[PDB]
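Okay, so here's the structure we're looking at.
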Amino acid sequence: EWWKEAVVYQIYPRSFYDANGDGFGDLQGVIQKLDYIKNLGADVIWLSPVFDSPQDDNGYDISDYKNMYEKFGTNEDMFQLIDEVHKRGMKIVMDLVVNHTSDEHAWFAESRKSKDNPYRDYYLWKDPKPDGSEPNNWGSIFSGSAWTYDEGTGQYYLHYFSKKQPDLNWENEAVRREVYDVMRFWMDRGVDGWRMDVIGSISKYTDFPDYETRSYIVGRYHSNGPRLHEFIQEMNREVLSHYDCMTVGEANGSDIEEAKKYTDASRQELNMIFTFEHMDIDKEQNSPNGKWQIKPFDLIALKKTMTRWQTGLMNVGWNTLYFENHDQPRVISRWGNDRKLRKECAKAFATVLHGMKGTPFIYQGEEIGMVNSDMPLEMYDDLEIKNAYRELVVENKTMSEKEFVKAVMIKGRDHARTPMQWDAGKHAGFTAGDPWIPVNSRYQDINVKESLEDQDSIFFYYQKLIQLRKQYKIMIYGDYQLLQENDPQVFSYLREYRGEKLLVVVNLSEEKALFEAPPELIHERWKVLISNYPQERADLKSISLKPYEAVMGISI
Ligand SMILES: OC[C@H]1NC[C@H](O)[C@@H](O)[C@@H]1O
């Protein structure tokens, strides 16, 4: 169970480091930056997908599971990376993307040819309605219908994501066997585990029932299908049980009850899952604009949600801890201050997360406080934006252009995908060429070089949080109790382990706040383990908190 004690660094490789100068981050670039990641202190790297792919969804549309996309390199580069990771005592986790393939995968190129093609049932084909329309009213996560018509065979195929991402038919045992072969191919070559892309979607309701009623709907049927956990238990039996591996499922649609199904060790499924419930607190529940209908940051909602996951998986299963990935904006821009208080704010969110029970995930650039971009809408790359613009602004007019732009400036996935900022030179030192997407305009002030030269950097704060997790067993194995539950500024909680107490107090606001210890804790003596402000005190019975002040103390 080394995965319980791990800290994971997530790499989005096309934006991490470009070794050959074409503006596209590559595998040799990752290799050159492994020493940086090890010095930070992560011991597991999760690579977003580098498999061959036409890049309709930047690698999450896979056309060959057993070869690299040309701009990342060759399998020989991938094998070298695996060796270089292991040489440094680290582990490498790959992205398993098996809810769907590219429509340019050989399986689909065969499948679509005819209803009697041997690969026809590798995907999900349905007749039109009598009037020619789609089999049902299901929507794609990237706007529009979940179905696309094939003129040649007169049937629609299903895609929860883009039209170039047809969903695999997991009802077909041959499909499941192909997936397990891919897993064994890579695990036999040293891959230490898998992050499983939208694993909550692999089981469908084969009736494809309409949602109740907007033309296209995404809801309860898009995840948690009737055979989901049967399939994952099979995957464990056939593959995962045969390897010393780590698994994290990207569990779309997960609540805390579903998380127990996924992560209870006695169920022999996965080690941990990503949920979206803490990421969902700033969208309206059921707007036609989905994620783009933004609500202000609500700390009470964050506290209640994260607390439900800490208590729900306190003594069974295991949590993941994240605020950032390649699908989320920079958290300090989204929910905090990314200007005069950027360093304090970045360290505050880091303290909230890393003081909890679970496996922390650091997204590339989070550890230096990277921020959202001011680039104009036409410089965004993500197909999600182009498609939502068409549906929400042009066709349905449920958002004005101005409000859509404002929402994309807060939540667009490309705020995670601008190049990693290594120094204040050209293109922040990401590339000698022309980057595939613009470098954030603030890179001269925010970059790895200045971070390593500044003892007060966010980077060294993250490095210390990781050191503390390795030093203080209470951080890995202590229980969890929310304090000051209804305080709208202060996120405070207590971990307990073998008579020790860990107190975490974080002001997640720009204004002065007040922490008062619960009365039974007022006479404890504390050693401050970390704070984003200087501390010289052993009593924490009341703390007058400055903007974004974070304190972590251990009882003595
Ligand atoms: O594969 C579809 C979808 N799954 C979730 C991934 O994190 C996201 O980047 C991708 O677009």
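Note that chain A is numbered according to the PDB entry, with residues 3-215, 219-561 shown in order. Side chains included, hydrogens not; waters and symmetry mates left out as well; all remaining heavy atoms used. In each ligand, atom 1 is the first atom listed, and ligand 1 is the first ligand listed.
- The molecule at ligand 1 is the drug 1-deoxynojirimycin.
- The chief contact partner of 1-deoxynojirimycin in this model is named by UniProt as Oligo-1,6-glucosidase 1.
- For atom 10 (C) of 1-deoxynojirimycin, the nearest protein heavy atom (residue, atom name, distance) is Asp59 OD2, 3.4 Å.
- In this structure, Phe144 is part of the shell of residues with a heavy atom less than 4.0 angstrom from 1-deoxynojirimycin.
- For 1-deoxynojirimycin, the atoms closer than 4.0 angstrom to any heavy atom of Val200 are 4 (N), 5 (C).
- For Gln333, the closest heavy-atom approach to 1-deoxynojirimycin does not fall below 4.0 Å.
- Which parts of 1-deoxynojirimycin touch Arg418 is read off a 4.0 Å heavy-atom cut-off, strictly below it: atoms 8 (C), 9 (O), 10 (C), 11 (O).
- Remark: distances from the non-hydrogen atoms of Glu389 to 1-deoxynojirimycin are all 4.0 Å or more.
- Atoms of 1-deoxynojirimycin found under 4.0 Å from any heavy atom of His102, numbered from 1 in the order shown, are 1 (O), 2 (C).
- Taking atom 9 (O) of 1-deoxynojirimycin as the reference point, the nearest protein heavy-atom neighbour is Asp332 OD1, 2.8 Å.
- Interface of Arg197 with 1-deoxynojirimycin, defined as ligand atoms under 4.0 Å from a residue heavy atom, comprises 6 (C), 7 (O).
- Close contacts of 1-deoxynojirimycin with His331, meaning ligand atoms under 4.0 Å from a residue heavy atom, involve 6 (C), 7 (O), 8 (C), 9 (O).
- Heavy-atom distances to 1 Å put the closest UniProt active-site residue of chain A relative to 1-deoxynojirimycin at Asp199, 3 Å.
- In terms of protein heavy atoms, atom 6 (C) of 1-deoxynojirimycin is closest to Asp199 OD1, 3.1 Å.
- By chain and number, the binding site of 1-deoxynojirimycin at a non-hydrogen cut-off of 4.0 Å is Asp59, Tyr62, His102, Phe144, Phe163, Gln167, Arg197, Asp199, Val200, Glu255, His331, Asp332, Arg418, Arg422.
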